[PDB]
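Summary heading: complex between crizotinib and Oxidized purine nucleoside triphosphate hydrolase.
One-based numbering along the sequence shown. Counting starts at 1 for both ligands and their atoms, in listed order.
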Amino acid sequence: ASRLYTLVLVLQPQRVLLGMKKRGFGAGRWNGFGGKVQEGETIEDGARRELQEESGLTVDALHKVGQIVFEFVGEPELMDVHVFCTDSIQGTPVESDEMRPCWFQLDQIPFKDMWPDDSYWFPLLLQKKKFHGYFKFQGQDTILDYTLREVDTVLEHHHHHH
Ligand SMILES: C[C@@H](Oc1cc(-c2cnn(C3CCNCC3)c2)cnc1N)c1c(Cl)ccc(F)c1Cl
Ligand SMILES: [Zn+2]
Ligand SMILES: [Zn+2]
Ligand SMILES: [Zn+2]
């Protein structure tokens, strides 16, 4: 099957808010906010819930800017990653036990300290281009293949449990 995930980028005109994973899986890397969508909540609920827990921020709105599929050789469960961005935050960013938010100038993004697929789709998100992406991995993050398309509009999946 697949597992449903959200990824949220807080993107203001000249800077982006990323979070460093503090402990555990993927520790020491910077990424957007998000996580697994739980049963009982919609995709948008999960994205809002993760951003609140990981950064302490509330959002007025989330823009659907991308979809990514992660596939790992051996695992029959793909990752269905719904990607959102937003520039209408409320509150002050404050770390959780899991993530610490920090602002980054758009021309100083630390790609070497982020997940490898970010080097592909993150520049498209930075240029306000919507995208559909697929990445096949082996191991933690070794890309075997990928395809990345710019889209006019992000296609809806019509998840009826989320
Ligand atoms: C923050 C982000 O980091 C990534 C994790 C992964 C990832 C997560 N898990 N794995 C595998 C590690 C071992 N093999 C099974 C999963 C790779 C791939 N690309 C990423 N950008 C991430 C994570 Cl950590 C989890 C779910 C997501 F939808 C996203 Cl977008
Ligand atoms: Zn479900
Ligand atoms: Zn946006
Ligand atoms: Zn989906």
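Location of crizotinib, all copies: ligand 1.
Within 4.0 Å of crizotinib, counting heavy atoms, one finds these UniProt O(6)-methyl-dGMP-binding residues of chain A: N31, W115, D117, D118. Annotation for crizotinib: atoms under 4.0 Å from non-hydrogen atoms of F25 are 8 (C), 9 (N), 10 (N), 12 (C), 24 (Cl). At the top of the distance list for atom 30 (Cl) of crizotinib, counting protein heavy atoms only, stands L7 CD2, 3.7 Å.
Using a 4.0 Å cut-off between heavy atoms, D117 contacts crizotinib through its side chain alone, with no backbone atom that close. Taking every heavy atom of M79 and a limit of under 4.0 angstrom, the matching atoms of crizotinib come to 26 (C), 27 (C), 28 (F).
Shown here, atom 23 (C) of crizotinib is out of close reach of the protein: none of its heavy atoms lies under 4.0 Å off.
Of the N or O atoms in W115, one or more lie within a sub-3.5 Å distance of an N or O in crizotinib. Near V81, with a cut-off below 4.0 Å to any heavy atom, the atoms of crizotinib are 28 (F). In terms of polar-atom proximity, defined here as any N/O pair under 3.5 Å, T6 makes no such contact with crizotinib. Checked against UniProt, the 8-oxo-dGMP-binding residues of chain A with a heavy atom under 4.0 Å from crizotinib turn out to be: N31, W115, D117, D118. Counting residues of chain A in contact with crizotinib, the top UniProt domain is Nudix hydrolase. By chain and number, the binding site of crizotinib (heavy atoms under 4.0 Å) reads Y5, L7, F25, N31, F70, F72, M79, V81, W115, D117, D118, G139, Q140.
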